[PDB]
Amino acid sequence: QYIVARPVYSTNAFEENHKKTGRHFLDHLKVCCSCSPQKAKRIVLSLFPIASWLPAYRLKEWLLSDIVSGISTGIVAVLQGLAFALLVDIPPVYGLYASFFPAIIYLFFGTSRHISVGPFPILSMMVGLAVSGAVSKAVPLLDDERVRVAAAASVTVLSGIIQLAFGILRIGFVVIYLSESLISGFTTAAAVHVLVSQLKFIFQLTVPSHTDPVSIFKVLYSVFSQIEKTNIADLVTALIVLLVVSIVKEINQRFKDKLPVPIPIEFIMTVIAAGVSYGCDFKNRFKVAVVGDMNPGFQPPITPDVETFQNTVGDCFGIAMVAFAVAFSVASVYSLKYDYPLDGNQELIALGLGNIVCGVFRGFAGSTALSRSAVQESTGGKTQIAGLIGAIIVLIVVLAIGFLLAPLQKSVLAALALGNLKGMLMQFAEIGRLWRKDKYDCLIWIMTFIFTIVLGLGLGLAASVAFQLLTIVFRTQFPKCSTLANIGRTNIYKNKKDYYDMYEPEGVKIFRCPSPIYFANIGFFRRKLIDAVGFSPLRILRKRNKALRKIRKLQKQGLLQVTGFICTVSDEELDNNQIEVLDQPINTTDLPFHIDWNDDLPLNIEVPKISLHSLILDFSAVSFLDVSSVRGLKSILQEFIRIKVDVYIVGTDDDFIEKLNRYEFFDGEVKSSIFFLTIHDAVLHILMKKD
Amino acid sequence: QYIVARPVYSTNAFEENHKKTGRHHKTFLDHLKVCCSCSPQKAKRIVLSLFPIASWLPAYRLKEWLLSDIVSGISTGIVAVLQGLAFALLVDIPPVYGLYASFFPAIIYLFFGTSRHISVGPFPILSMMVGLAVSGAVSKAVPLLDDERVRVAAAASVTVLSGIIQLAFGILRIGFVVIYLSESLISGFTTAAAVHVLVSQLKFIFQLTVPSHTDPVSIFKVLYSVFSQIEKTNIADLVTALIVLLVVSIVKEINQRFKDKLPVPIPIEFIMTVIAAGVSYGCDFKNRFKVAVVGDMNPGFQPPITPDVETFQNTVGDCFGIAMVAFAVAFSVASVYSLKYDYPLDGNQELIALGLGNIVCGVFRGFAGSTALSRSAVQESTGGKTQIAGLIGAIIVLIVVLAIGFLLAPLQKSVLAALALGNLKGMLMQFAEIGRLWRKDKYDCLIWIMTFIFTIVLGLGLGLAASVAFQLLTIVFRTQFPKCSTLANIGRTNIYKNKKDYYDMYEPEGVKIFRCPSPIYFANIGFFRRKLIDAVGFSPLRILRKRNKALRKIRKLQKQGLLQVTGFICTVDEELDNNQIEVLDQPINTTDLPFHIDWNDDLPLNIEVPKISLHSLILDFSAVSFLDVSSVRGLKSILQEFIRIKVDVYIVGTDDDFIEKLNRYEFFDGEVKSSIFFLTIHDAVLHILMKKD
Ligand SMILES: CC(C)CCC[C@@H](C)[C@H]1CC[C@H]2[C@@H]3CC=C4C[C@@H](OC(=O)CCC(=O)O)CC[C@]4(C)[C@H]3CC[C@]12C
Ligand SMILES: CC(C)CCC[C@@H](C)[C@H]1CC[C@H]2[C@@H]3CC=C4C[C@@H](OC(=O)CCC(=O)O)CC[C@]4(C)[C@H]3CC[C@]12C
Ligand SMILES: CC(C)CCC[C@@H](C)[C@H]1CC[C@H]2[C@@H]3CC=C4C[C@@H](OC(=O)CCC(=O)O)CC[C@]4(C)[C@H]3CC[C@]12C
Ligand SMILES: CC(C)CCC[C@@H](C)[C@H]1CC[C@H]2[C@@H]3CC=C4C[C@@H](OC(=O)CCC(=O)O)CC[C@]4(C)[C@H]3CC[C@]12C
Ligand SMILES: CC(C)CCC[C@@H](C)[C@H]1CC[C@H]2[C@@H]3CC=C4C[C@@H](OC(=O)CCC(=O)O)CC[C@]4(C)[C@H]3CC[C@]12C
Ligand SMILES: CC(C)CCC[C@@H](C)[C@H]1CC[C@H]2[C@@H]3CC=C4C[C@@H](OC(=O)CCC(=O)O)CC[C@]4(C)[C@H]3CC[C@]12C
Ligand SMILES: CC(C)CCC[C@@H](C)[C@H]1CC[C@H]2[C@@H]3CC=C4C[C@@H](OC(=O)CCC(=O)O)CC[C@]4(C)[C@H]3CC[C@]12C
Ligand SMILES: CC(C)CCC[C@@H](C)[C@H]1CC[C@H]2[C@@H]3CC=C4C[C@@H](OC(=O)CCC(=O)O)CC[C@]4(C)[C@H]3CC[C@]12C
Ligand SMILES: NC(=O)n1c(O)c(C(=O)c2cccs2)c2cc(Cl)ccc21
Ligand SMILES: NC(=O)n1c(O)c(C(=O)c2cccs2)c2cc(Cl)ccc21
């Protein structure tokens, strides 16, 4: 049974009954600049994770699986680079570049062993919007893709520079702020953006490159205004590949019995399309938009153009943050599995270096794609050597084998990108779940979706995270303040309007604020305390001071005798600039009596009656205070003590006491003897003091 | 003494021992029929609230209020006429329209306002916001006397849009916007606006010409445009500005200190404006010297103009900032005078009144404004008992506009700027707050510093928006890394404190209490998991995976026929590939084995499992105020694997509403049962002890 026989403490008889322990900028500087040989070796190994895991290789049990997974992820990466390379309005030659240099750099500089870094559609569309904005903001057939590619390379370089700076500054906790509901809404909006943007390729039309605000609907108009100019054969083949891909995806997620190495319809039907393209000559018999001739070889590096460095400096921050968040989220699952310690700052540094290399070598920025990582992990990728195999596959397909991939319809790629989107868009079935879950996460999801579909894929994210930060204030703007009273005549206190056996001590009003008290709700806390208490202490003090002034005036006139309050037998309204004297503390030392303003009072003088001798502010749920809240609480406690009703604060810990000490909050009036351990011992001390 | 003899409760034997109450109605779908319930008394109350004039006009004590109100009205009227055509220079418009901004808002607020101690008009912060907005409008508009006309038209339109926004906000009853403006941010923004005033009045204190600049870095651009042409200043105008500045400051401080035997505050402002006008008319500053005298005042008002739609679209961003700053300044100024004299000011009514006043002023060729701090202070100090003083100020402005314009025409237009700089002493004194805040919170000081920097660089509207965003981020900053600790008993009673704080620290065997002194939401669930794992001492998922691997190897050996079950009689490394490792996270079931192996005492040969020392843990959630979907999911996963590794989990310090909220989260199921919540830490520990033995 629950039996306690301890004395009553007041947070100031406690420290004097139990001794404390030691509580000890130059402190951190010395321990941060302490150079050591072992520390240098550790930091070098961390900055170069390759040396950490290359020696610890179990070849005879890892090599075959890694090779198979590497070939699979390489074929998927070559299929995906020149598909995501179309969301950016650049030739698909450079898409393969974006899937090789980041992989090679991440081999050396990365920690995760189950991600295949490359381009993914969300970042590809971010880069496309950024490059369109750059080309539109730049002061003055084959004359457009050149500047598009140059601007894309520069924007990728700047995104990589931002990522590298963030990694160097060791601010890797940025991925914390994005959360889960916001990432789900942003993911759904980006999926819708993919669906809208791929229409211009699924229909084989020409669309002007729109930028930033209302990007989807502008593209929607530019696509739907020219339906009569589509190509029927291209639409038919894209449709047929779409339905067959969906059907086999269903038949693959189902029938998962005796089906090793699930059938890769992506590559299979891209091969089928390339074959029928070389066979029946869609370019001659029909009019299609086949991928252009692939030049054999890389391209010389180009210096990052400075003119577009300044123009896009806004969108590159969003690109870098989205890339880092996607990479961290994708690698989080594969680090939770297989139990290895992924490092966020190291991941940021690796991704930044990869983006610098890719942008310098005429590619575009990217990070590990969800589907590519999934296929790499499922195929048996034991480490990043699978990423190396994918990189060398991309290298050989760039250098030698390009003519077989040249006759690709360039719209089957768009439909394939639209293909793996069912699980990408299934998150739409979450508004209903979140409506009955929190009623705030659903709001944040809806606002995120609206902002990312109206403001665009860019500034929409910033507005979404700003609204996310505002949502915390929304949650704590109006705390459900209540009144507490005893239950069962023991040390249990609950809400007054919740139980039938409620018992309240005489003249004691317990107030609890179940939310942190900061700047945005100190006024609401004061109003709720006012309502729960039932009167305004400032009003009571003002009326008492007015009555005392009238009494003193009568005594000076010579109508009241002090021994009492015997009377032998003019409302003086006060002007401005002098009413402030009514807020002064009540002192009656000049009067020999001890009038309490409770029993009675001399003639024709009225003072509101009082029924409170104490109140207890429960601060168990209060987690922090700021300057505004401290000032408001000090004023509240000040006139509460001034109207001669004691105040007590309970449920606070030693660090909270220490923080409140350095606030100029304690003085001769608001003493430090007001803090108590629990509610019950405060009530007990209250009863002992009263009688 | 503290004596308690209650039974041990578990938040589920408590509800079954004490009956609850009704709680029979919701607050979302049934909230109607009380808001749309039309009633006669409700209609009278709402009409009285929407027209506060009828509330306090009948309740007038003339014989004790009229003389004081008249005196305060004359004083505030002379100050308002002195201030309108002074703040009218911050906007690049003729100072004739400045008097308009101090008359129509006052007249409208007379009818529509709740506060009885504010004199609504133009104030420098909003005047500069309107100036920046109108400069942006004139710069973004597609195509001597030809410039101020479009400037005035665009200023009137931007004022109209600000008033429309304020009226819409008041109608929507969102008057709680003002509480997103923490005192630290408001102080930083006030100081930055003071610096902006000081810089922007230089072009008039020096009598130069400066191109109108807009938004990003608008102080340093004006600083360059001013400092590039020092040689073009007028020495006489500079000399009179400096002498007036020093004397006004000196006598203002004399008024501050020598208040004893000082009947009525010193009229220095008006007295010296009169002196300057007199000497200007006398020595002919325009002829003998070259000055920038206020131009001739045309007698009469101006016909109303339609609000230009072309500039409606361009400035729609800056007008939100203008409206919010105006409403915040009005509410903050009236807050002091409502705390005094104890009357119930209504924020929505104030918003509606200010919006209507701004609409009228903008339609009648004025510019937006709200009650100025100094004007309100002088109106209150002079004895303003109600808004009839505001009416007297308004009629004073009317008569000075209509009749006496030639008297005020020969004003140097630089003494006005110096007077504007003179009062800036108290406004700029707030710079002595970074030091106070650095030793107070170390976060409010950061808010102040970032607010000042953002308002200096980004401008006024964009600076305020970015400052508010950073202020909102500061909450996450405060709760990003909670100071999580470990709790243990003190004195063998129901007192639990931090483990690293006392010498008599007693911890129960095999019980680890964890407390998170901050709300657990999306931005610290990972940190909470890391801290909990570190305090516990092991990874529960790692322990589960190793136990499952050992059990799989044991089952393989038993199938091969090497281990006998009856007790674990024995005789004499299969790495798992991907897409199948997920079987290691399954719950441990040994029903197929007759024994009850616990993975503590020992284990068959050549099989290693990490030892364990925890049989329960108590998560203190007294300080946890709220959870979201992400935190609920993370907590559910954590409790899931903790229960799966066969160590009980208990949560204490939570209230009935928190239990109710957590119930509708899909958080309780056959594994994470509802019997895990306890009242306090001590009864949880006691139940732990009773269950163990
Ligand atoms: C959910 C809400 C509160 C978020 C904020 C929404 C605004 C930022 C959006 C909604 C309407 C949008 C506008 C709708 C229409 C257009 C027209 C568009 O003009 C053109 O493309 C050319 C038109 C022409 O040449 O006639 C430029 C963007 C703009 C102003 C949009 C800019 C972004 C706006 C203001
Ligand atoms: C706020 C959310 C919930 C609703 C979003 C609706 C609007 C913000 C969208 C829907 C249709 C959009 C419009 C569709 C077509 C046009 C025309 C389009 O092209 C031109 O004006 C170019 C000239 C020409 O086409 O001849 C420019 C964008 C605009 C105004 C779009 C602006 C934004 C609009 C109004
Ligand atoms: C806190 C995070 C968001 C980073 C810090 C703020 C950046 C967003 C700022 C700080 C430095 C700024 C740069 C400082 C100097 C310049 C040169 C400046 O040169 C011009 O071209 C001037 C003419 C013009 O662009 O109007 C253009 C803006 C730019 C690139 C600025 C772009 C915005 C930057 C990167
Ligand atoms: C806030 C911290 C954690 C990250 C810091 C990274 C960025 C804020 C830096 C890194 C690279 C910088 C850019 C590098 C190069 C330039 C080009 C520079 O333009 C010129 O030199 C123009 C010369 C001319 O016009 O003659 C303007 C600044 C800018 C955009 C810089 C702006 C600031 C950037 C984006
Ligand atoms: C505390 C920090 C993180 C806040 C963010 C700072 C930026 C938003 C500021 C800092 C530097 C500023 C820039 C400094 C210089 C200029 C040049 C200025 O160009 C001109 O006025 C014309 C110059 C010419 O004609 O040569 C335009 C604004 C701009 C780009 C400024 C835009 C706003 C910037 C990027
Ligand atoms: C971030 C904080 C802590 C420091 C703020 C410093 C800069 C943001 C300021 C200081 C000086 C400013 C510059 C001072 C002078 C100029 C020239 C000025 O005029 C022109 O370029 C017009 C052409 C001409 O004057 O001939 C435009 C603004 C600019 C670039 C200013 C841009 C903003 C600057 C770099
Ligand atoms: C969010 C809630 C609480 C407040 C709503 C207030 C504003 C968002 C509204 C009120 C007045 C509106 C403005 C009223 C008039 C116009 C002019 C209008 O322009 C035209 O009609 C152009 C016609 C043409 O070009 O032929 C464009 C919208 C705009 C700026 C409106 C934009 C939306 C405003 C600012
Ligand atoms: C939540 C708060 C901040 C108010 C709601 C968002 C507003 C900031 C949005 C919603 C409606 C928007 C307006 C809707 C329609 C138009 C017409 C549009 O017409 C054009 O001139 C198109 C060409 C162009 O400006 O690029 C200009 C923007 C404007 C005024 C928008 C300005 C921004 C507004 C007021
Ligand atoms: N697994 C696999 O091989 N693939 C995919 O998942 C594709 C997608 O649709 C993606 C959407 C978001 C990331 S990938 C895809 C597209 C092409 Cl062109 C070729 C192969 C592809
Ligand atoms: N009290 C008073 O009479 N005055 C002031 O405080 C003036 C200011 O400088 C203000 C700065 C911010 C609000 S007012 C002022 C200016 C003039 Cl032109 C005439 C009188 C004035």
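The alphabet sets the chain names here, A first, running in the order the sequence lines are given. Just so it is clear, chain A uses the PDB entry numbers, and the residues here are 8-31, 35-150, 168-590, 593-598, 604-725, in order. Residue numbering for chain B follows the PDB entry, covering 8-150, 168-590, 593-598, 605-725 in order. Basis for what follows: all heavy atoms, side chains included, without hydrogens, waters or symmetry-related copies. Header entry for method reads electron microscopy, 3.8 Å. Both counts, for ligands and for their atoms, begin at 1 and track the order of listing.
- Of the listed tenidap, nortriptyline, mazindol, althiazide, the one present at ligand 10 is tenidap.
- The chain that tenidap (ligand 10) touches most here appears in UniProt under the name Chloride anion exchanger.
- Other chains contributing a heavy atom less than 4.0 Å from an atom of tenidap (ligand 10): B.
- The deposit names the source of chain B as Homo sapiens.
- Counting UniProt's transmembrane segments of chain B from the N terminus, heavy atoms under 4.0 Å from tenidap (ligand 10) lie in segments numbered 1, 3.
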